[PDB]
Colleague: 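I'm reviewing an experimental structure with pelitinib and have questions.
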Amino acid sequence: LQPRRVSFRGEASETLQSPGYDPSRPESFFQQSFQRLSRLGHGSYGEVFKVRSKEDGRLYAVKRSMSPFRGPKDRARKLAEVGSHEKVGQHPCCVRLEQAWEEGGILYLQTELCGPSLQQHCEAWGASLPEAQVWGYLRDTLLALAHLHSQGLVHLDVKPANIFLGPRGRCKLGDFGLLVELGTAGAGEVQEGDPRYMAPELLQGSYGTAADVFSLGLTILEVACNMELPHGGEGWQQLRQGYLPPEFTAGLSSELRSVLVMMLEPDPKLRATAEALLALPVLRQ
Ligand SMILES: CCOc1cc2ncc(C#N)c(Nc3ccc(F)c(Cl)c3)c2cc1NC(=O)/C=C/CN(C)C
């Protein structure tokens, strides 16, 4: 019946307005306050559109949930993505949240528009990315991670689909859907991540910032070696016992291989932190 702002900075959920938006007409705030340009992605969650605002003329991405809130928990769960994104705050290697609102039980998240995901970029090039690119992405994403970890946040979904290219070879970590704030158990908490990137200790319910380091580890491995990660089975196990698969790891320089072994350390207690990684010689200007 009317669009209401979703934020956790202030309590009072307030209604939106926009040039283009006259509440009289039947069309939603979305339909009416934006120029829908194309579909960036879609799935069980809902849809992401590339849009141009009719408020500022700028391009953004807007995620829209698929069906109206099923109940109070379903609402609180979806609304919590906004809380997660807000806890991150502004950082040059984190996707920026513009605003978010709800209307008719549907949640909308409006982010800045970035370049392609790392997943698309690798897919388009169809081969292992050059080592010089990898180091830049490895470094941007560690900076993002160290920003999160310093605040007791764990992304839990580090992977190429959630890393987005920016100008001149930089990138941004985004999509804080599964982000959790450590020390707080719930709720609901720890929705399940992609098993291809799962730190081994998560299997037995051991969660911590170390999980993200391991995920970025496989993420860098995948893009560096044009390698598909296994969902399960012996192959999944082989990546989680310390050593590296020697097949596609061939091209890696000594320095890259060295850093990946640090990140893929099975024991979270012994696994390098993002801070420690960033203080290694190979990873600072
Ligand atoms: C050319 C540029 O393409 C994209 C640019 C993006 N910029 C910012 C954000 C952000 N944030 C994106 N995703 C996104 C995540 C979660 C959110 F909640 C919100 Cl609002 C937005 C983006 C997604 C893009 N495109 C794709 O997702 C590509 C998918 C390929 N296929 C596997 C479907």
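All residue numbers given for chain A refer to the PDB entry; the residues shown span 77-361 in order. This deposition comes from X-ray crystallography, 2.2 Å. Both counts, for ligands and for their atoms, begin at 1 and track the order of listing.
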Colleague: Just wondering - which macromolecule does pelitinib (ligand 1) hug the most here, in the naming of UniProt?
Modeller: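 Most contacts: Membrane-associated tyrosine- and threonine-specific cdc2-inhibitory kinase.
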Colleague: For pelitinib (ligand 1), which residues in other chains have any heavy atom nearer than 4.0 Å?
Modeller: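 Residues with a heavy atom in range: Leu116, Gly117, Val124, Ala137, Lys139, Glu157, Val171, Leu185, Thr187, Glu188, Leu189, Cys190, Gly191, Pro192, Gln195, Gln196, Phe240.
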Colleague: Of all the non-hydrogen atoms in the protein, which one sits nearest to atom 7 (N) of pelitinib (ligand 1), and at what distance?
Modeller: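 Sorting protein heavy atoms by distance from atom 7 (N) of pelitinib (ligand 1) puts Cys190 N, 3.0 Å first.
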Colleague: What UniProt domain of chain A accounts for most of the contacts with pelitinib (ligand 1)?
Modeller: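 By UniProt annotation, Protein kinase.
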Colleague: Give the residue and atom name of whichever protein heavy atom lies nearest to atom 20 (Cl) of pelitinib (ligand 1), and the separation in Å to one decimal.
Modeller: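 I find the closest protein heavy atom is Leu185 O, 3.2 Å.
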Colleague: Quick sanity check - which UniProt ATP-binding residues of chain A lie within 4.0 Å of pelitinib (ligand 1) on heavy atoms?
Modeller: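 Counting heavy atoms against the UniProt list, it comes to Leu116, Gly117, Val124, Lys139.
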Colleague: Which residues in chain A does UniProt mark as Mg(2+)-binding that also have a heavy atom less than 4.0 Å from pelitinib (ligand 1)?
Modeller: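 Sure - UniProt-listed, with a heavy atom under 4.0 Å: none.
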Colleague: Suppose I only count heavy atoms of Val171 and a 4.0 Å limit; which atoms of pelitinib (ligand 1) are within that range?
Modeller: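 Within the 4.0 Å cut-off of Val171, pelitinib (ligand 1) contributes 10 (C), 11 (N).
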Colleague: Please list the nearest protein heavy atom to atom 25 (N) of pelitinib (ligand 1) with its residue and the distance rounded to 0.1 Å.
Modeller: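 Minimum-distance protein heavy atom for atom 25 (N) of pelitinib (ligand 1) reads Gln196 OE1, 3.5 Å.
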Colleague: Quick one: nearest non-hydrogen protein atom to atom 8 (C) of pelitinib (ligand 1), plus distance?
Modeller: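 Ranked first by proximity to atom 8 (C) of pelitinib (ligand 1) is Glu188 O, 3.4 Å.
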Colleague: Show the atoms of pelitinib (ligand 1) that are less than 4.0 angstrom away from any heavy atom in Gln195.
Modeller: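 Those of pelitinib (ligand 1) that fall under 4.0 Å from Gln195 are 32 (C).
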Colleague: So, regarding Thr187 and pelitinib (ligand 1) (criterion: nitrogen or oxygen to nitrogen or oxygen, under 3.5 Å), is there a contact or not?
Modeller: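 Yes.
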Colleague: Go through pelitinib (ligand 1) atom by atom and flag the ones less than 4.0 Å from a non-hydrogen atom of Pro192.
Modeller: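 What qualifies from pelitinib (ligand 1) is 1 (C), 2 (C).
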Colleague: What residue and heavy atom of the protein are closest to atom 16 (C) of pelitinib (ligand 1), and at what distance?
Modeller: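 Atom 16 (C) of pelitinib (ligand 1) sits closest to the protein heavy atom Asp251 CG, 4.0 Å.
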Colleague: Determine, counting only non-hydrogen atoms of the protein, whether one lies under 4.0 angstrom from atom 31 (N) of pelitinib (ligand 1).
Modeller: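 When distances to the protein are checked, atom 31 (N) of pelitinib (ligand 1) has no heavy atom within 4.0 Å.
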Colleague: In the protein, what heavy atom is nearest to atom 13 (N) of pelitinib (ligand 1), and what distance, to one decimal place, separates them?
Modeller: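 Looking at atom 13 (N) of pelitinib (ligand 1), the protein heavy atom closest to it is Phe240 CZ, 3.4 Å.
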Colleague: Starting from atom 18 (F) of pelitinib (ligand 1), what is the nearest protein heavy atom, named by residue and atom, and what distance separates them?
Modeller: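 Here the closest protein heavy atom is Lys139 CE, 3.1 Å.
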Colleague: Between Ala137 and pelitinib (ligand 1), is there a nitrogen or oxygen pair with a distance under 3.5 Å?
Modeller: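 No, there is no polar N/O contact under 3.5 Å.
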Colleague: Give the residue, atom name and distance (to 0.1 Å) of the protein heavy atom nearest atom 24 (C) of pelitinib (ligand 1).
Modeller: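 Sorting protein heavy atoms by distance from atom 24 (C) of pelitinib (ligand 1) puts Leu116 CD1, 3.6 Å first.
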Colleague: Got a sec? Which UniProt active-site residue of chain A is nearest to pelitinib (ligand 1), and what's the heavy-atom distance to 1 Å?
Modeller: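 Answer (UniProt active site, heavy atoms, 1 Å): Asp233, 9 Å.
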